[PDB]
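Below, a PDB structure including veralipride.
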Amino acid sequence: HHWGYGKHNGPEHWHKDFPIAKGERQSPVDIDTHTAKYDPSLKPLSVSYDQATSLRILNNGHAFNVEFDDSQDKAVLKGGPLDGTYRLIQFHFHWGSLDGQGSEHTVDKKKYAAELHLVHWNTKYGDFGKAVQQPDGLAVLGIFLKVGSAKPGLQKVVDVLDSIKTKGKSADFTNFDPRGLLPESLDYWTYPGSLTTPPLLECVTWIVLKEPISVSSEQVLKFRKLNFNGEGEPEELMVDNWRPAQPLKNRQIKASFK
Ligand SMILES: C=CCN1CCC[C@@H]1CNC(=O)c1cc(S(N)(=O)=O)cc(OC)c1OC
Ligand SMILES: [Zn+2]
């Protein structure tokens, strides 16, 4: 009886195995655009993905993760609210059964069709497992997806999903360029928070881009053909793999833009 996104094991149950689920800095949150304050002291974010080395794509039973070589400073996130250098380890998405839900963060209670998370770790802690034990260990770049025009830079991801339908399947996924998943603007909101999956560790500086990317209906329909189950098991479509907004508590969301 492991955690997941069903009736019996979904987000309202997680606190029993992971009591931090009711903690002081949980994610995701609703971004109230009228209460977020412009912070002129933040910087421009620096997203340096030209040397990124993707390796593999894995269906982990929750989402699919595109994994990178993080054994050197190749694809790194710096600036904005961050001090130091954060290495890209993996990206994944959260999405819905229908276009009106899927994102984890919300904007004035608006749900997007999906949300991309680019997960990076703070090199001062040496490895990812040490970083997730620190309050400043991870930086997650979050990007909303709306349904409209296709995202050309996403199609290589879409076209490999048939090969990783079920939990525990992986495929070679070399030479994928994550720059093709970014919107034009790097305007963002930021706040201190958590992993949105168990173990829900309070180790994340969240950086959520204001500008969504557009993907096609055909692209997101291919996300919804994945399976939470392993091969040969009763089919459970991989949909609605999002945690809902959590209480903001004693936190301020800051804006990089006026
Ligand atoms: C070294 C320990 C930390 N490990 C322990 C098992 C998962 C946890 C790592 N969690 C993540 O990387 C992880 C984080 C997120 S999220 N939405 O960025 O918090 C999602 C995910 O899979 C959809 C993840 O699993 C790979
Ligand atoms: Zn995520």
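The PDB entry numbering applies to chain A: residues 3-125, 127-261, in that order. Whatever order the structure lists ligands and atoms in, that order sets their numbers, starting from 1.
- Including duplicates, the parts belonging to veralipride are ligand 1.
- Ranked by contacts, the chain bound most extensively to veralipride is, in the PDB entry, Carbonic anhydrase 2.
- For atom 8 (C) of veralipride, the closest heavy atom belonging to the protein is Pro202 CD, 4.0 Å.
- Only side-chain heavy atoms of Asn62 come within less than 4.0 Å of veralipride; its backbone N, CA, C and O stay farther off.
- The closest protein non-hydrogen atom to atom 17 (N) of veralipride is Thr199 OG1, 2.8 Å.
- Contacts of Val121 with veralipride, taken as heavy-atom pairs under 4.0 Å, involve the side chain alone.
- No covalent bond joins veralipride to a chain.
- Lab note - ligands/ions near veralipride (< 4.0 Å): ligand 2 (zinc ion).
- Residues of chain A that UniProt gives as binding substrate and that have a heavy atom less than 4.0 Å from veralipride: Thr199, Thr200.
- Nearest protein heavy-atom neighbour of atom 23 (C) of veralipride: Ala65 CB, 3.7 Å.
- Among residues UniProt marks as active site in chain A, the one closest to veralipride, with its least heavy-atom distance rounded to 1 Å, is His64, 4 Å.
- Residue-level proximity to veralipride for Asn67 is carried by the side chain, the only part with a heavy atom below 4.0 angstrom.
- The largest share of chain A residues contacting veralipride lies in UniProt domain Alpha-carbonic anhydrase.
- The nearest heavy-atom contact from the protein to atom 1 (C) of veralipride is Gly132 CA, 3.6 Å.
- Here the shortest heavy-atom distance to atom 2 (C) of veralipride, taken over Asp130, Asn244, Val135, belongs to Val135.
- Looking only at protein heavy atoms, the nearest one to atom 4 (N) of veralipride is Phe131 CE2, 4.5 Å.
- Contact atoms of veralipride toward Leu198: 19 (O) (distance under 4.0 Å to a heavy atom of the residue).
- Per UniProt, the Zn(2+)-binding residues of chain A include some within 4.0 Å of veralipride by heavy atom, namely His94, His96, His119.
- In summary, the atoms of veralipride found under 4.0 Å from a heavy atom of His96, numbered by their order in the structure, are 17 (N).
- Looking only at protein heavy atoms, the nearest one to atom 21 (C) of veralipride is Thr200 OG1, 3.8 Å.
- Considering only non-hydrogen atoms, atom 13 (C) of veralipride lies nearest to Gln92 out of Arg246, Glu117, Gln92, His119.
- The heavy-atom binding site of veralipride at 4.0 Å consists of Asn62, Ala65, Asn67, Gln92, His94, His96, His119, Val121, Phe131, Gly132, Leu198, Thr199, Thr200.
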